[PDB]
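These notes concern the structure reproduced below.
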Amino acid sequence: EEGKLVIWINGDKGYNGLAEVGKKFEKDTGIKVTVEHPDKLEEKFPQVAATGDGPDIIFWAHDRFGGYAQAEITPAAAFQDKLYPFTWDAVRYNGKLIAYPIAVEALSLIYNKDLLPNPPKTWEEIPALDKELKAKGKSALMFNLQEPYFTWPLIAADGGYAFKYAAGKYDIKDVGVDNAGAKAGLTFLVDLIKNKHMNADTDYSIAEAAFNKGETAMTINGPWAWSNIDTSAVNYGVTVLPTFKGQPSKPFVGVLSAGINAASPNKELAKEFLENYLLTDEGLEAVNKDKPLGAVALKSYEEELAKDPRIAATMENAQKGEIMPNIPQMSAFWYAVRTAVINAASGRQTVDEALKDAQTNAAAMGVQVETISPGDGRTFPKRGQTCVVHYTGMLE
Amino acid sequence: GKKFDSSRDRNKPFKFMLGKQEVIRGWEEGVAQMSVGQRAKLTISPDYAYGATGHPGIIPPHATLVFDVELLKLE
Ligand SMILES: CO[C@H]1C[C@@H]2CC[C@@H](C)[C@@](O)(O2)C(=O)C(=O)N2CCCC[C@H]2C(=O)O[C@H]([C@H](C)C[C@@H]2CC[C@@H](O)[C@H](OC)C2)CC(=O)[C@H](C)/C=C(\C)[C@@H](O)[C@@H](OC)C(=O)[C@H](C)C[C@H](C)/C=C/C=C/C=C/1C
C-alpha cells in the first residue's frame, strides 16, 4: 500500500542478495525496493492482507500459497518458458497462476566425507553402517523425526501417497497412508528406533548440531541448511536419498515462489521486477551468492548451477520426489501423518494401527457446517467484518 | 463429550473479526459459510481447532470440537 514496492522474504533466504537486485531496479527505473524478513511473515501476511494492507511481493513455499489463493493476484506471463513446466504447476490454483516459481527446495542425503568416503545407496545398509560408525565413537544418521516432511520420503518410497490425483484433480476421499508401501516404509523407520540406530526424541535442532559438530555421518535436509554446514568447516557433499526396497525415497518438494498481493497497486511494477530482474541468471546469482537456493525454476541458471553435484543431487531428489499439493486438506494429511509416526516411535500404537488412524484423520473435513435454523441466504460475512454470534462449545 | 463454554450462559454475544485469525481455523472457514440469522452445528476437526497441543487445561490434544453457532448480526 504505497508508490514504491515492498518485498517479504524469510531470514534464512539471504535478503541482501535480493536487495542488490532491487538496487539495480532503482538505478534503471528510480523505484526504491526494500526487502524485509518479519519473524513470522508466513502467518502475518494473511492477517494483514485481509485488511487490504500487506507487502507487494512475498516469497515462501508454494504450499502456503494455495491457502492465500482461497488474497493474491494472477500474474500474466507469455514468453516466460525460461522456467520448467513442473515449477509452473506448483504456482497454479484452479488453472490460475498465483506466483512466479524461483527455487526447487527438495530434501537430499548430506554426508561428512571424512567420516564416510562413500555414502550408502540403500536404507538397509544404514543399520550395518551405524554399528561400524558406533564402534568408532559416532552415529550414522540424524534428522528431524518429529515433523513428517522428513520421515515421509522413506514412508511413500514403496507406495503410499497423501491424496490420489485423477481427472486433473486431487481426491480428498482417496488417501494412500494405510496401504502396504506406507506400512513397510514406516516399520523400517520404527525398527531403526527399536534397534537404537535413531532416537524418537531427536528433532531438526538436535540433528543439525550433531552433523555440523561431526558426531553423525549423515543428515537429511534442504539447501536452506547448506550455509550452516559451510560455516561449520565440515567436508560434506549432497547425494540422492537412499532407495527403500529398490524404489527411490520420494520426498514432498517445496518450491520457493514470488506472489503478488491483490491490495498491491504496484502489480505492473512488481511483475517487471520478477519477470525481467529476479528471474535472470545475474538476478538469481546475486541471491545464490548470499545463500544458495539449490535448484532454480529458471533453465538459464539451473543449467549453470547443476555443474555442482549438490544442485544436481537436489533436482534428482525433486524428480524422484513429487511436488507438494497446495490443496487445503494437506493440513489434515500432515496432522494425521505426524501423529501416526510420533506414536509408532513412542510404541503407543503399532505401525499398522497408527496408519489405520492416519487414513481416517487425513480424509476428515476441517469444519462441517450443518444447518439447525436456516439464515436469510443473501448476507455472508466478508474478511475485515465483525461477526456477532451466540455459541455453545463442547468436545465430541 | 463435555461442555467447555457457552455465551448464552453469560448472556452477552461474542464478536470476532473474520480473517484476522482471532479465532480457530474451523470458525473462520465455518462462519464464513453461514448466512446472517442462520444457526448451525460446526463439527470442527483438531487440525482446524487446537490439534496435538490442545488448549492447556480446557481442551485435550486431537480433540474434535462441536459448536452451536447462530450468526446474529454483521458489524
Ligand atoms: C472468557 O472466554 C475466552 C475464550 C474461551 C477460551 C477457552 C476456549 C475453549 C473457549 O471457551 O473460549 C472456546 O469456546 C473456544 O474454543 N473458542 C471461543 C469462540 C471462538 C472459537 C474458539 C477460539 O478461537 O477461542 C480463542 C482461542 C482460545 C485462542 C486463539 C485461537 C486462534 C489463534 O489464532 C489465536 O492466536 C493468538 C488464539 C480465543 C478467542 O476467541 C479470543 C477472542 C481471541 C484471542 C484471545 C486472541 O486472538 C488474541 O490474540 C492476542 C486477540 O487478538 C484478542 C482479540 C484480544 C482481546 C483483548 C482478547 C479477548 C479474549 C477473549 C477471551 C474469551 C472470550
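To find a chain, count down the sequence lines: A is the first, B the second, and so on, and within it residues start at 1. Heavy-atom basis, side chains included; hydrogens, waters and symmetry copies ignored. Remember, it's 1-based here, ligands and their atoms both numbered in the order they're listed.
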Problem set entry | Chief macromolecule bound to ligand 1 (UniProt) | Peptidyl-prolyl cis-trans isomerase FKBP1A
Exercise. Out of tacrolimus, rapamycin, ritonavir, quinupristin, which is the molecule at ligand 1?
Worked result: rapamycin
For this session: Name every other chain with any non-hydrogen atom less than 4.0 Å from rapamycin.
Result: A, B
For this session: List the source species for chain B given in this PDB entry.
Result: Homo sapiens
For this session: Specify the UniProt domain of chain B contributing the most residues to the contact with rapamycin.
Result: PPIase FKBP-type
For this session: Extract every residue of other chains having a heavy atom under 4.0 Å from rapamycin.
Result: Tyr391(A), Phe4(B), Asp5(B), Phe14(B), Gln21(B), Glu22(B), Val23(B), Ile24(B), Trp27(B), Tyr50(B), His55(B), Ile58(B), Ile59(B), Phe67(B)
